[PDB]
Structure formats: structure tokens, C-alpha cells
K.L.:
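For discussion: a PDB structure holding oxymetazoline.
Proteins get letters first, then strands, A, B, ... in listed order; numbering begins at 1 in each. Header says: electron microscopy, 2.9 Å. Just so you know, ligand 1 is whichever comes first in the structure, and atom 1 is the first atom listed for that ligand.
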Amino acid sequence: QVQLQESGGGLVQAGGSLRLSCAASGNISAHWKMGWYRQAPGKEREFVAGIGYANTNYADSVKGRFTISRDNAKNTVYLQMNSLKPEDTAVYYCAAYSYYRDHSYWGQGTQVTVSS
Amino acid sequence: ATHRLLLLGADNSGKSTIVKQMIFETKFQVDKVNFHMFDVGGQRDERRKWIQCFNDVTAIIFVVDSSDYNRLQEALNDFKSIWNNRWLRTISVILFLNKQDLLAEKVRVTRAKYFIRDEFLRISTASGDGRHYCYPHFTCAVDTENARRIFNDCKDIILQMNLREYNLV
Amino acid sequence: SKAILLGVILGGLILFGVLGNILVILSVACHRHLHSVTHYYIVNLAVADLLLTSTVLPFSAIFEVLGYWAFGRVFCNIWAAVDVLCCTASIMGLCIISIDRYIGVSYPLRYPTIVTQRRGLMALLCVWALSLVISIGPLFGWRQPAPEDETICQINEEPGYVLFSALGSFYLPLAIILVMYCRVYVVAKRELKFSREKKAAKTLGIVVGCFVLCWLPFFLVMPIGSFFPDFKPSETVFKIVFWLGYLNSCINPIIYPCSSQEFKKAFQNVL
Ligand SMILES: CC(C)CCC[C@@H](C)[C@H]1CC[C@H]2[C@@H]3CC=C4C[C@@H](OC(=O)CCC(=O)O)CC[C@]4(C)[C@H]3CC[C@]12C
Ligand SMILES: Cc1cc(C(C)(C)C)c(O)c(C)c1CC1=NCCN1
């Protein structure tokens with residue numbers, strides 16, 4: 001079993017900076033993706049960022065200002081969010097999903113608030 | 001479900017007793033399967049029109065009188081002509097050595113009727129090569145169970161056709 | 001480096017399956033003396049295998065050599081649905097071919113009254129409808145919530161969808177195929193006794209052995225690994241048992257037209 005526990009979130013001013021982390025407490029194979037998703041209160045989960053062995057994917061609304069990175073030794077995934085606009089106020093989850101098989105581990109969630 | 005047969009054979013062999021008491025027409029039905037027999041008549045004698053009678057026929061029903069000997073060589077040459085090549089190829093022959101009761105009176109009953117079948121089987125084992133079979137039967141006029149034999153021989157013919165089709169033989 | 005190598009042997013398999021399954025169709029679409037239900041039962045198998053090798057399998061090869069899904073999410077949903085549909089329709093085409101051959105060698109004279117031109121059409125309708133019911137399973141109800149990443153294409157592996165569809169799509173057709181072909185084998189030994197059991201045993205053995213050797217690894221890995229958490233296989237063996245079921249659709253034109261003398265006379269005439 002793998003228990004993704006994410007942290008790093010908090011309260012950011014508009015245009016600020018945040019660095020989210022997601023640990024693993026286990027082992028994810030190198031042929032699995034690992035990504036950050038976002039759900040606002042009222043809307044549904046949208047994809048935000050993802051890094052695997054085959055590609056690195058972003059959402060088109062966070063494409064220039066977000067940066068996903070991965071340390072496969074410590075089995076952790078970081079998301080550096082820079083120039084935070086006041087519509088990223090949501091709950092951010094980390095996932096350790098596969099490419100071609102129905103295998104998805106899901107994190108607990110972390111509230112990220114942008115205000116002005 | 002409608003199988004065409006081609007009745008042949010020499011005259012005075014009980015073909016009308018096969019037809020009635022079971023080119024003219026005959027139709028009979030065994031186990032809800034309909035058979036349609038084209039009575040040509042005397043082979044190489046009259047009405048030998050193989051253009052429509054032998055067109056996709058299922059089997060040829062040769063009838064031999066097994067009581068006479070002065071025309072037995074004529075029936076043997078008739079089966080030699082029909083079996084080898086008479087524009088009837090890969091058409092299996094159901095042979096009816098008719099009038100079996102008219103043989104035991106003129107003749108221990110095993111060798112009296114198996115030599116006559118052995119000559120027709122010797123003719124039938126010269127050009128077979130797995131293309132078509134020959135089914136010989138010992139029939140008589142007091143035996144009206146010949147439709148069951150025609151049904152089972154056509155069943156075996158079409159079963160071997162399906163086995164040759166599905167590459168099982 | 002090895003992506004071009006694996007892609008060119010995959011594309012060779014794709015072109016072989018497409019050319020074989022279009023040759024099986026062209027053997028009937030031009031030779032008008034093939035018009036029976038026994039030939040339509042091979043025509044629809046060639047249609048299912050041609051739809052798989054033409055519409056599904058290039059995207060499977062691209063997904064294998066790239067590592068990710070380079071098209072949209074609706075294309076992934078369409079591709080997975082058509083994949084399950086065409087493979088299930090191929091297996092059920094094999095099943096109805098087996099049933100047709102059983103009641104063709106068991107009732108030779110009573111065959112045009114028990115397999116008519118209407119009951120074979122209804123059998124095609126009922127196998128394609130059940131394939132379409134299985135494949136549009138996860139499209140409304142049978143799906144756990146997939147991740148919203150567009151560059152993944154995850155198959156549905158729900159315990160209860162895998163088990164039911166695995167049962168009703170392989171293990172009932174396997175038992176039917178085994179029963180009908182063992183009875184066909186018993187009839188084909190004349191119900192030279194050495195040159196008859198050998199030929200029928202070899203002919204039916206390659207037919208059932210290609211089917212089980214291509215599809216039993218997949219349908220044994222898929223329900224067992226979805227139920228027992230101790231057995232989790234490797235990721236090379238899953239791709240091998242996944243692509244063997246694709247290999248069955250390229251194997252099928254070598255077997256089933258070559259088990260028919262009219263098709264053997266038409267296949268070498270059309271190529
Ligand atoms: C292993 C499973 C998933 C597939 C097994 C194959 C079925 C899809 C096939 C095999 C037998 C078929 C049936 C055989 C006979 C007929 C003929 C026909 O029967 C009738 O009631 C018509 C009128 C009549 O027969 O008098 C309608 C289709 C039906 C039920 C067929 C429907 C499709 C069936 C169930
Ligand atoms: C992906 C898939 C899943 C299932 C289930 C078991 C998940 C329903 C199937 O039955 C089938 C046929 C497929 C398609 C396929 N397998 C190997 C090659 N192509």
C-alpha cells in the first residue's frame with residue numbers, strides 16, 4: 001500500500017509564491033505518473049500538473065506559471081506555484097496514477113487560498 | 001432440404017417396385033426431408049439426358065436384378081460405364097442388388113449373394129480415390145425399408161462432404 | 001532507439017492482420033458462389049478482426065511506443081469501447097462458428113431447416129448486441145472515477161465488471177467451444193483408424209489451441225489479479241498477455257478460411 005500525504009499549502013497573497021510537496025510513505029514504480037489536481041468548492045476536480053517517464057503535462061490555465069518536479073529517490077513530487085492569481089483558491093490533491101491500468105492512489109488534500 | 005437423386009439401372013430390376021411399393025418423376029419424404037428422384041430408365045438405352053438430371057445431383061441409385069445371369073454382365077458393364085466416367089463424377093452410387101428373394105430360390109446363403117456384391121465393389125474400387133463412395137445393399141420386393149437406407153446413405157454422403165469441407169478429412 | 005524497432009514489428013503485425021482480414025472479405029465480396037450462412041459466420045469474424053486491426057490497433061501501437069496517449073480523452077473512451085467491443089465480437093464469432101460446425105456435422109440433412117437464413121442473422125445480432133452491451137458497460141455506470149489527465153488511457157478494471165464480463169465473454173464461450181468441438185471430434189472418427197484420428201485431432205487442436213493460447217493468459221491474469229491482492233504480476237507480462245489477444249485477430253485468417261475448401265480455392269485466387 002502507498003499513502004500519499006501532501007503538505008506545503010497555506011495562505012498566499014495575490015501574485016505570491018507557494019511550494020507544494022507530496023510524499024509517498026511507500027514505493028511508486030517509475031512507470032507510473034504522479035500529478036497534482038485541484039478542486040474548487042462548487043466545481044469538480046481538474047487536472048493541473050503531472051510528471052511521469054513518458055511526458056510532463058500541464059493544464060492550459062496554469063501552463064506558464066506552475067512547475068512540477070519529481071524526486072524518484074525520495075518518491076516525492078513538488079509543485080512550485082508562482083504568481084498566484086485569485087482563482088487558484090481550492091483544495092489540491094496529489095495522485096500516483098498509472099498510464100494504462102486502473103490504478104490510482106489519491107492524497108488527502110491541502111487548502112490553498114489566494115486573496116487580495 | 002430437397003435432395004435430388006438420379007435413378008438408373010437395367011430394366012426388369014424392380015425399379016417400379018422401388019418407386020411405387022416403397023425421364024419420369026418421383027418424390028418421397030423421410031424424416032421431414034424430401035427426396036426427388038429422376039427416373040431416366042435403361043442406362044445407355046433411352047432418355048439419357050444428363051444435362052438436367054445430373055445437374056448437382058446428390059447421389060445415383062443404381063438398381064441391379066440379382067436373379068438373372070444372362071444380363072448380369074450387361075449391368076456390370078453399365079456400372080463400369082457410369083461409375084468411371086459417364087459425365088457423372090464425384091457422385092456417389094447407392095447400389096441396390098434387388099430381388100434378393102428371387103436368388104435364394106434359384107440357388108449357404110452368405111456366399112450365394114456376396115460374390116455378386118463383390119464384383120460391383122471390385123468395379124467401385126478402381127476409380128474412387130476418396131472422391132465419392134459406393135453403398136451396396138441387398139434389397140428385395142418384400143422389403144419396403146429402402147427409404148431408410150436411401151436416407152442414411154445420403155446422410156453419410158453429406159456428412160462426408162461437410163467433413164471434407166471443414167478440413168477434418 | 002528500440003521504439004522504432006518495436007513499432008515496426010508492431011506495424012508489420014498490423015498490416016498482416018489488415019491484409020488477411022480484407023482478403024477473407026474479398027474472397028466472398030467478389031466470388032458470388034459463396035453465399036451460405038457458414039460463409040457469413042467467417043465474414044463477420046473477418047469484419048470484427050478487420051475493425052480491430054484497422055481502427056483499434058494502430059492507436060494501441062502508438063500508445064505502446066510513445067508511453068502516453070497523445071490524443072484526447074473522448075478518443076480514449078471511444079478507443080477503449082471499440083477495443084472491448086471488437087474483441088468480444090471476435091470471441092463470440094468463434095463461438096457461433098463452433099456451434100454452426102457442430103450442428104452441421106451432427107445433422108447433415110436437417111441443416112437447412114435448423115440453420116436458416118434468418119436464425120443466423122439473429123445469431124449475429126445477438127452476439128453483436130451482447131458485445132456492445134459489455135463494451136458500453138463503463139460508459140455510464142460501471143466506472144470508478146478515473147483521473148482527469150488527458151495523456152493517460154486507463155482501461156476499466158472494476159472487480160465485478162472484470163469478473164462478470166470475463167465469465168460471460170470468455171468462460172462460457174470457452175466451455176461451449178470445447179463441448180461442440182469435442183463432439184465434432186467424436187463424429188469425425190467415424191462414429192485406417194490412425195490416419196483419421198490424427199488429422200481431425202490436429203485440425204481441431206490447432207483451432208482450439210490458438211484460441212486458448214491467445215486468450216486464456218489475458219482472461220486468467222485479468223480476474224485473478226483484480227481479486228487476489230497477493231498476486232500482482234509484473235508489467236511486462238501484462239503487456240504480453242494484452243497483445244496476445246490482439247495477435248488472435250491476425251492468427252484467425254490463417255486458420256478459418258484454410259479450414260474450408262471453397263475458401264482455400266478463393267483465398268489463393270484473390271491474392
Ligand atoms: C456464450 C454466450 C455469451 C453466447 C452464446 C451464443 C448466443 C448469442 C446464441 C446461441 C444460440 C442462439 C439462439 C438459437 C436459436 C434462435 C433462433 C430464433 O428462435 C426463435 O424463437 C425463432 C422462431 C423459431 O425458431 O421457430 C431466434 C434467435 C435464437 C433464440 C438464437 C439467439 C442467439 C443465441 C442464444
Ligand atoms: C481491454 C479489455 C478489457 C476486458 C475486460 C475483462 C476488462 C472486460 C475485455 O474483455 C477485453 C476483451 C478487453 C480488450 C482486449 N484485451 C486484450 C486485447 N484487447
K.L.:
Hey, where's oxymetazoline in this structure? All the copies, please.
P.N.:
ligand 2
K.L.:
Give the name, as used in the PDB entry, of the chain with the most heavy-atom contacts to oxymetazoline.
P.N.:
alpha1A adrenergic receptor
K.L.:
Can you give me the letters of other chains with a heavy atom under 4.0 Å from oxymetazoline?
P.N.:
C
K.L.:
Which residues make up the contact shell of oxymetazoline at 4.0 Å, heavy atoms only?
P.N.:
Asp83(C), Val84(C), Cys87(C), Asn156(C), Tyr161(C), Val162(C), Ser165(C), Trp215(C), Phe218(C), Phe219(C), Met222(C), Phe242(C), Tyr246(C)
